[PDB]
**Q** 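This entry shows avibactam (bound form) within the model.
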Amino acid sequence: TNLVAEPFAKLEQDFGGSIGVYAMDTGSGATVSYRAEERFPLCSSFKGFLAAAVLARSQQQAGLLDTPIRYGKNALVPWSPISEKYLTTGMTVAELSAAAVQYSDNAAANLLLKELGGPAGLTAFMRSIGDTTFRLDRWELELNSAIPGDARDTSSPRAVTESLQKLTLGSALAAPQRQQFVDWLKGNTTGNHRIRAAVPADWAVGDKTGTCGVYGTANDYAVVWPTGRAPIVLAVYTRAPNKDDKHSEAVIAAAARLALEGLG
Ligand SMILES: *C(=O)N1C[C@H](NOS(=O)(=O)O)CC[C@H]1C(N)=O
């Protein structure tokens, strides 16, 4: 039996789908795992790892992050509020990266993906840090289709958490670039009702959300710094079997609460 798992199973049954959770206490090595190795659509959440890959490239291409990109109107797609606002100005690669992370800007994500050689390029970066699960296959907006059983544009809660740790706390990025990634995550604007809602207000959080919407499909991943303790890294993903099934932020927050509670 798995008593630790029963509250999660209860939660996803009330929800009407599947919830996937993985949390790592980087001090103790303790973990909390629920459907941790099943695939879930990435939706917008891929944009965190996208920003990381751009940061890694900027270590080896001098002035890359400072480079202005003067994109045209044909680079724009729905829900690109920052990219639209800066259309007549242009944006640096840094600014695009922060827009992708902190506002989930779609156009900014597509412009950066192009710089890396498209979804296959981001996938190759993820492989280079030892992540064999992550895959990005399509661009915005098609990557959000979230069709049950389609492996395209998916990862697992465990692989996400493991890769997040490597990039934010490990050595996969050089220190200045690691700190930039952490700062982008900390300044995220879209995650207030997800993992941030599960966390004491005095603990620092950096996160990135995803919301495909269809098939009850949404997610959040985070690094959490509890006051006086090593950081906790975690990922919460949801999906559901019917196209009209509605995602729930509350369910992502409740799952996060159970992970933090289950840790030692
Ligand atoms: C990503 O899943 N999305 C981008 C945008 N904001 O969502 S997020 O903050 O939950 O990441 C709208 C939904 C979506 C998309 N359809 O591109």
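Heads up: numbering here begins at 1 and tracks the sequence. If you check the header, you will see the structure was determined by X-ray crystallography, 1.8 Å. Basis for what follows: all heavy atoms, side chains included, without hydrogens, waters or symmetry-related copies. Ligands are counted one by one from 1 in listed order, and the atoms in each one are counted from 1 as well.
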**Q** Help me with this one: what macromolecule has the most contacts with avibactam (bound form), named as in the PDB entry?
**A** Carbapenem-hydrolyzing beta-lactamase KPC
**Q** Go through avibactam (bound form) atom by atom and flag the ones less than 4.0 Å from a non-hydrogen atom of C43.
**A**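 Result: 2 (O).
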**Q** Mind checking whether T211 has an N or O less than 3.5 Å away from an N or O of avibactam (bound form)?
**A**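 Min N/O separation from avibactam (bound form) is below 3.5 Å for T211.
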**Q** Could you tell me the residue and atom name of the protein heavy atom closest to atom 11 (O) of avibactam (bound form), and the distance to it rounded to 0.1 Å?
**A** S104 OG, 2.6 Å
**Q** Mark up the atoms of avibactam (bound form) that fall under 4.0 Å of a heavy atom belonging to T209, in ascending order.
**A** 8 (S), 9 (O), 10 (O), 11 (O)
**Q** With heavy atoms of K208 as the reference, note each atom of avibactam (bound form) found under 4.0 Å away.
**A** 11 (O)
**Q** Looking at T190, which atoms of avibactam (bound form) are within less than 4.0 Å of one of its heavy atoms?
**A**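 Contacts of avibactam (bound form) toward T190, numbered from 1: 9 (O).
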**Q** Should you measure from each heavy atom of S44, which atoms of avibactam (bound form) turn up under 4.0 Å away?
**A**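 Within the 4.0 Å cut-off of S44, avibactam (bound form) contributes 1 (C), 2 (O), 3 (N), 4 (C), 7 (O), 11 (O), 14 (C).
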**Q** Any idea which atoms of avibactam (bound form) are less than 4.0 Å away from a heavy-atom of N106?
**A**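 Under 4.0 Å from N106, avibactam (bound form) has these atoms: 4 (C), 17 (O).
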**Q** Do avibactam (bound form) and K47 have nitrogen or oxygen atoms that lie under 3.5 Å from each other?
**A** no
